[PDB]
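See below for the structure under consideration.
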Amino acid sequence: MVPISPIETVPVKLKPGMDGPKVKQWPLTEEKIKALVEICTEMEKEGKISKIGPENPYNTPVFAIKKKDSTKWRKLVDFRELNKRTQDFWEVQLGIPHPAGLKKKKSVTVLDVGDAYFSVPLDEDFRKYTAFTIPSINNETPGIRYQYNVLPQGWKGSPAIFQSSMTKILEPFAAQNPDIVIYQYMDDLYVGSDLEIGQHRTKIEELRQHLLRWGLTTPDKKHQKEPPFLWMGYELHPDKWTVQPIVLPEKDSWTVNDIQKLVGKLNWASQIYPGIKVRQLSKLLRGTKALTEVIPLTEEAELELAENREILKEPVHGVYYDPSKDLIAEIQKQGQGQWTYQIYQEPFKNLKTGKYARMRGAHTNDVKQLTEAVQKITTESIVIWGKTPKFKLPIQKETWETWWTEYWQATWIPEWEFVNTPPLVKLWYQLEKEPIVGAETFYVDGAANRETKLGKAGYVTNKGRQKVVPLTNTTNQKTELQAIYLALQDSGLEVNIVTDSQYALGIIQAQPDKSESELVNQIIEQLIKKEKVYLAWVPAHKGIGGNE
Amino acid sequence: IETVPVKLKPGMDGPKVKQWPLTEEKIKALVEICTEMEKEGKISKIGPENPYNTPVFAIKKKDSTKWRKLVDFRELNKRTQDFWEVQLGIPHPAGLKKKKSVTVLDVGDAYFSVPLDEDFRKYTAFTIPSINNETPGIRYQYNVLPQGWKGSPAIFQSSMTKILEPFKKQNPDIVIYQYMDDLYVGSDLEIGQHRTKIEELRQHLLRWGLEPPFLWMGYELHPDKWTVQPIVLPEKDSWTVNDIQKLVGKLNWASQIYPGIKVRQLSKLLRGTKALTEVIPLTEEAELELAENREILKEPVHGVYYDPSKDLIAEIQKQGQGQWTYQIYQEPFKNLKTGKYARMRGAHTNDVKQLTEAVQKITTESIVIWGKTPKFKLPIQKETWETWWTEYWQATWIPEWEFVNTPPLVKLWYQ
Ligand SMILES: Cc1cc(/C=C/C#N)cc(C)c1Nc1ccnc(Nc2ccc(C#N)cc2)n1
Ligand SMILES: [Br-]
Ligand SMILES: [Br-]
Ligand SMILES: [Br-]
C-alpha cells in the first residue's frame, strides 16, 4: 500500500464544569431499528464508528427518518445536548466573500471532496461523549452502543475542525501555485485561474495528486456543476456576477411578514440594483410585530414599491475587481434620509451598489448624513478590496470646507471630488461669529408651570419692540424655543438674539437642517430666510437686564 | 527561561474581540512580520479549538519607514489578573516630569526573550485577515511575552532592573521609568550630552541582548517646559454689551471652580435692553468686582489632589484653526492639568489626524506625570473615529475613549 499522511486531530474539551450528555434514547419501530443496525454495521466497517461497552455512561439519541418518496431510511443523531456542552470554536469562516471583491477568471473547476467531509478523525478523548444507542428489538437485550471516530454530522465542532483540516491540507498547494485561487464550499473545491486551459487542467490534476497524499480521492467523472454557480444568494459567472432572481409578488393586501420579506429582497437586491429604496416600506413595520397583521400601504409606500419594480424590471450585473485600477465611489441623496451609491472602476460598469439610511435621532443635517455614508462605504471597501475608494460627492468643495472648519466636532472625509448632479448637499444657514452692528437685538425668554403646563414666550429689544405670547400644553424647554422662534419671525433680515437657554444652544450649535420637532423645523425655516443671525448665550437669573 | 504562572481574573473568560478591517498594505506588512516571528519561535499557528481573539494592526512609528505590529490588548488587559505578588507596585517617580529632557525608547522587543506561561498563551490569539475573506484568516498565538500586554512589564520587571542596575549606578541622577513597551529616560543634561547618555544606554541595552528593530529611535520630550492654562479674563478699555455678557458667562462658569467669584456688580451693567454692540462704561463697583475676580483666578483650585485609585478623564475641545484645548481630571471642576495645542504636524486639512495626535500627546503627558493613561471623551462621532484613528496612530499603547455627541458650552471658556 501507499502510505498516507495522518491528519492531526484537534484537541476538544467540554465547557468548564460540564459533563457529557446523558439523554434518553427514544423508542423506535422494529422497522427503524433494523435500518439503523445495517447503516451502523456499514459505518463500523468503514471505521467511522465503533461498538463500545456498557461502561460508557454517556448517550445521545438517534433517529431514523423516512427519505421522502423512497423506501430507504437515513440516520440522524440529535447532538443538541452535546453541542450545548461542547466548547466554543473559532469560526474559520470570518465572513463570506463579496462577489464584487472577486477577480475575473478564465476557468473555474469543481472537485468533489464529499468523501473527505466524513473522514476527519475525532479527538480520541472526546469520542466517548458521542455515544449513542440503537434500541433492541422488543427491548429484550441491551441496545447496541456506538461512538464516533470521525467528525459527526450535526456536532458543533465538525464544521470548524473540518475547515481547519482542509485548509491545512490546501495551504502548501495554494502557496506553491500562486497563479490559482482555491475555495471550499460544502463538500466541493473550486479552483480558478487565468492559465491557458492546458496549464490549468494540469494544475487540477496536480491538486488531485496532492490530495491523494492524505488518501483523498476525487471522482474521475468530473462534476456536474458548472458556471454559472448559484452561491450564497448570488450568481457567479466567469466575468460577472449578480444576485439570484428577485421577484416582487403582485398582492392586493400585504401582511407584516410579507412586508418583511419584501424589504429583505429589496435589501438583497440593493447591492447591485441602483437606487433601491425601503424607507416608506420599512415605516410600515414601525413598532408592531404581529406577523399576521395586515397593513394598508400608504400612498408613499406604493410609489416607493412602483419605483422599485421599475428598477427591477430587467437584469443587472456587476463586474469583478481589477486590482490595477482605482476604485470610485459615487453617492446620491435620495430624500427622507436615504442615500444610494455605486462603486466602479470603469464608467457604466459597477462592481456593486448600495444604500445608506439616516440614523434615528432628534436632529440632523445632510452633511452629517453624507459624512456617515462615506464612512460606511469606506469600511465596506476595506473589507472587500482592502482600500479606500476615491469619492464623487454631490457637495461643493467650498461648502465642505466651510462646514468642517466651523463644526464643533472633528470630522473628515477621504480624497474626494465634487460631482454636479442634483440635489446638491449645501449649508442652509450659518450663524455669525460676531454680533451684528446695526441689527436689532432681541432678548428672548420663556417659562412654563410644570403642573398646569401653561407658559409664556417672548422678547424685548433695544428698539422697544416687545412681545409675550401665552401658551398651553407646553414645557420650559418648548417655551425657550418658541421665544427664539418669535424673535426670528418679528425681526428683519439681520438680527442679534440673546437667550439663556442652554437647551436651545445645544440644538442650534449642532446645526440641524431638519428635526423631529416641528418647532425646531420652524426655527430652521426662519433661519434660512435671514441674511445674518448672531445667537448669544447668557446665564439665567443673574440680574442680566433685557433678559431679566 | 522558566515561565511565571499567569491567570485571568476570577469568573472571567478570555477575549473574543472581532478583528476590524485592515487595508491591503497592513495585511501584507503583518504577513511579513508574523512569518519571521514564527520562524523565530515568538508565535505559533493555532487551531480552531482556540476561540479567543484580539485585534491586530500595524503602524509606522514617528520618523520611520518600517512597519510595527501593534496588538490591541485592551480587552485582555482588563481581563488579566493584577500583579502585586513580588511588589505591591512601582511607586511612580514624581521627578520624571521635572527633568529638562526625556527620551522615550521602544524596548518592547526585549519582552520576546521571556517565554509565556504555556497555559496562558491561548488567550493571546490573534488573526491576520484576508482581503474579502477569500482565504482563511491566519491564526497565531504568542509563545513569549507580547508587546502591549500589561503582564509583560510585570513579568519582565525583575529582568529589566538587573539590566539597568549598572547604568543607574554610574548615572545616579538619571530617571528611568518604564510604561508598557516604552522606556522614559530623563535628565537635566545639555541635549548633546543627553543624546550621548541615551546612546550610552542603547549600548548597555544591546550588550545584554547578545537586533532590536526600533531601539535605535529616540523621541525627545521636555516636560519642564510643559505649559498649563490658568483662567484669564480680558483686559479692555471698551466693553460692549456682548463683551460683558461673555465675561459674566465665563465668570459664572469659573464660579463652579472658584468659590468667591462674584458677578452681581457686572450683571448690573447688563441692566436694561441695549444693542449688543453698544459700549457700556464700567461702574466703580463693577471694576472692583472684576479686579477681585482677577485676583481669585491667580490662585490654584482648592482641594485638588490626585488619587491613584480613580480613573483619569481627559476632555478635548476643537477650537479651530488647528488649535485644541484639553483638561485632565478625576472629579468635575477639579482639573489636575489643562493645556492647549496649536502646532500642526501636517494635518492642516484633517481634523481627525489632529485629534488623534492630540490624544497621543495627552496620553504621553499623563504617563509621565501619573504613570497611567486617561479615559478620553472625544469630540467626534464614533464611526468617523473608528474608521480613521488607526491610520494616524504612532504609539505602542492605546487608551480608552468614549464619544461626545452634544456640543459643550464650556468650549467658549477654554478658548
Ligand atoms: C470565493 C470563491 C467562490 C467560488 C465558488 C462558489 C460556489 N458555488 C469559487 C472561487 C474560486 C472563489 N474564490 C475566488 C477568489 C478570487 N477570485 C475569484 N473569482 C471568481 C470566482 C468564481 C467565478 C465564476 N463563475 C468567477 C470568478 N474567486
Ligand atoms: Br458518514
Ligand atoms: Br435572491
Ligand atoms: Br475622485
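Letters A, B, ... are given to chains in the order of the sequence lines, protein chains preceding strands, and every chain is numbered from 1. Start at 1 and go down the list; that is how both ligands and their atoms are numbered.
At ligand 1 one finds the drug rilpivirine. Against rilpivirine (ligand 1), the chain with more heavy-atom contacts than any other is given by the PDB entry as HIV-1 reverse transcriptase, p66 subunit. At a heavy-atom cut-off of 4.0 Å, other chains contacting rilpivirine (ligand 1): A, B. Where the criterion is an N or O separation shorter than 3.5 Å, residue side chain and backbone included, A/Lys103 meets it with respect to rilpivirine (ligand 1). Close approach to A/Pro238 involves these atoms of rilpivirine (ligand 1), each under 4.0 Å from a residue heavy atom: 24 (C), 25 (N), 26 (C). Summary of contacts: the protein heavy atom closest to atom 13 (N) of rilpivirine (ligand 1) is A/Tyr183 CB, 3.7 Å. In terms of protein heavy-atom proximity, atom 11 (C) of rilpivirine (ligand 1) is closest to A/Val181 CG2, 3.7 Å. Listed by number with element, the atoms of rilpivirine (ligand 1) under 4.0 angstrom from any heavy atom of A/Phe229 are 8 (N), 24 (C), 25 (N). The nearest protein atom to atom 16 (C) of rilpivirine (ligand 1), hydrogens excluded, is given as B/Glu134 OE1, 3.6 Å; this is a heavy-atom distance.
The molecule name the entry attaches to chain B is HIV-1 reverse transcriptase, p51 subunit. At the top of the distance list for atom 28 (N) of rilpivirine (ligand 1), counting protein heavy atoms only, stands A/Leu102 CD2, 3.8 Å.
Evaluated by nearest non-hydrogen atom to atom 23 (C) of rilpivirine (ligand 1), the leading choice among A/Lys240, A/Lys105, A/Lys104, A/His237 is A/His237. Residue A/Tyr320 has no nitrogen or oxygen atom sitting less than 3.5 Å from a nitrogen or oxygen atom of rilpivirine (ligand 1), judged on distance alone. Not a single N or O atom of A/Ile182, backbone or side chain, sits closer than 3.5 Å to an N or O atom of rilpivirine (ligand 1).
Atom 9 (C) of rilpivirine (ligand 1) has its closest protein heavy atom at A/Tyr190 CB, 3.4 Å.
The residue-level binding site of rilpivirine (ligand 1) (heavy-atom cut-off 4.0 Å) is A/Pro97, A/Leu102, A/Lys103, A/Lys105, A/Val108, A/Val181, A/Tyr183, A/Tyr190, A/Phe229, A/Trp231, A/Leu236, A/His237, A/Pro238, A/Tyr320, B/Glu134.
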